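Written out below as structure tokens is the structure these notes cover.
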Amino acid sequence: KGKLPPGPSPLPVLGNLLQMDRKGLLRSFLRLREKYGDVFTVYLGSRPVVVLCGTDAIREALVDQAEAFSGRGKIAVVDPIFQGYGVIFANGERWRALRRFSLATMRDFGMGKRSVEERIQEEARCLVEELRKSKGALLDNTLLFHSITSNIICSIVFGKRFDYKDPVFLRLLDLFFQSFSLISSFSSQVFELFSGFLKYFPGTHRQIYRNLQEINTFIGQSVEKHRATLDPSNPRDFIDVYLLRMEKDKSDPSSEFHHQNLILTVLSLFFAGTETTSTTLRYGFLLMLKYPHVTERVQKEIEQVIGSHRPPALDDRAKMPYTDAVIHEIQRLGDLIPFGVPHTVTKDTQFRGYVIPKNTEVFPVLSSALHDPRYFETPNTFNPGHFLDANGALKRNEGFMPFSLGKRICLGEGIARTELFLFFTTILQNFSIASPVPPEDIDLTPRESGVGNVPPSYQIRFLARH
Ligand code: HEM
Ligand SMILES: OC[C@H]1O[C@H](O[C@H]2[C@H](O)[C@@H](O)[C@H](OCCCCCC3CCCCC3)O[C@@H]2CO)[C@H](O)[C@@H](O)[C@@H]1O
Ligand SMILES: OC[C@H]1O[C@H](O[C@H]2[C@H](O)[C@@H](O)[C@H](OCCCCCC3CCCCC3)O[C@@H]2CO)[C@H](O)[C@@H](O)[C@@H]1O
Ligand SMILES: Clc1ccccc1CN1CCc2sccc2C1
């Protein structure tokens, strides 16, 4: 008997509830770290979970024993929708199949087809056009940022984008993004522990269910359109490539590529692909308002590398160390997925002298890496310095794992990072920014903190440069 990692003694049913913290799952995990260290077991309701804190511990599991920890566990409030299908929430061979398909696909588009950077560039331009019309007025960029991000996923997945005032677009927008806030509510974190009981009563889970059903409905009726226009020689977008692939194995009643796996993979792409990018952007700008000198510097460097004429492109990034550092530091401080996304182990496992039984849920707490004082002088202060060596060159940092690590690492890292780079720079190229609020009175504490973090809403003006 090697046994489970150390941790508090559970009650039946309640589990470790009486050891948790009212402030949420994260604060709980961090309190428990102080007592039990970087690898402990906490019983969430009746199911035990292994929490990993610190960079070292996270890395040993995810990179070193990469495969043992290649498993994905459920999120209670969304499991009824996903049910183990789609790229995010699938395991074993299904997941292996989907993720291989999902990379390849967005990974090229082809010799005539337009590319993801091209798409993002276009979105950026459309955005700057949109931001001009407001002629320097106070706004709340929340809806715009949700818009540009969803449009990138649409562009990829439906082969079209949507005007920022498109009303039925906006209805679905609103609906879909309300889900994110419900999902990271306190209620949803209680649901995580006790769904087995709360499933019988009204609560956020039902709302989240309806909203995701509505989008699923819309996804499905766009899958139909695509199907009756399918041109097997010029696959326009994601859905097409899938549908063609669905064809191949229509002869195999054991193939993973069917209707259900399609709808939910597309959901998955919006689900994982949209809010975090958007809130990163939103938070970037909040930060640049608190730290004008950074913004100035970012602008100075855009001036030198890109100029005022042409539009930022992706390989401008390798020539813009300070800017890449600011982005990295935005994501780091941002800390938008504090306790990561549930893994499970795929086999009994030895870890630091413990044995973890098959399918036990593992929670890699990325927040504890992003704030690791070994890798970040100043872990709780904004500081592009964390990513710049003495020669103003861009230095990798072991503590920096926002997209997580290993076999499950964010499938959209590439896209995501391009979005951040191109939107940040393209906006900053054409606009100064300002706020009623004085810099040093800009509170940066997140309004809500759950499986995602939300920065405070704030008002900003985008001023002209043209
Ligand atoms: C700020 C931007 C983003 C961040 C910080 C982010 C972060 C993450 C993180 C931390 C995970 C957990 C990986 C794990 O389980 O260990 C994840 C999973 C995932 N992300 Fe992202 N993501 C971002 C944007 C995107 C975009 C734009 C896409 C797709 C277009 C995307 C697609 C995915 C998918 C499909 C998964 C599930 C991976 C799997 O289970 O195989 N993400 N993401
Ligand atoms: O050593 C045990 C003593 O302390 C307890 O007080 C607990 C409370 O009962 C205990 O509930 C409280 O923690 C609150 C847990 C509430 C659950 C919070 C989680 C809910 C799910 C989502 C994550 C958060 O912490 C207090 C101490 O910090 C007992 O209640 C006392 O009566 C007892 O004398
Ligand atoms: O066949 C029905 C119609 O299909 C298209 O219009 C769709 C279009 O797809 C579009 O105009 C609209 O859908 C927009 C919804 C936004 C996409 C959903 C995404 C939003 C973010 C979160 C969920 C994903 O719904 C319209 C319904 O009329 C065609 O463009 C229309 O001409 C046609 O009338
Ligand atoms: Cl669902 C959610 C819920 C609340 C806040 C933010 C989010 C969005 N992120 C956290 C959950 C997952 S799983 C894979 C990618 C992501 C991105």
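Index from 1, following the sequence. We count ligands from 1, going down the list as the structure has it; atoms in each ligand are counted the same way. So how was this one determined? The header says X-ray crystallography, 2.7 Å. Below, each value reflects all heavy atoms present in this structure, side chains not excepted, and no hydrogens, waters or symmetry copies.
Of the chains in this structure, the chief binding partner of ligand 4 is, as UniProt puts it, Cytochrome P450 2B4.
Lab note: of huperzine A, thiopental, ticlopidine, drug at ligand 4 is ticlopidine.
The set of residues with a heavy atom less than 4.0 Å from ticlopidine (ligand 4) is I88, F180, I183, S184, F271, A272, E275, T276, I337, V341, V451, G452.
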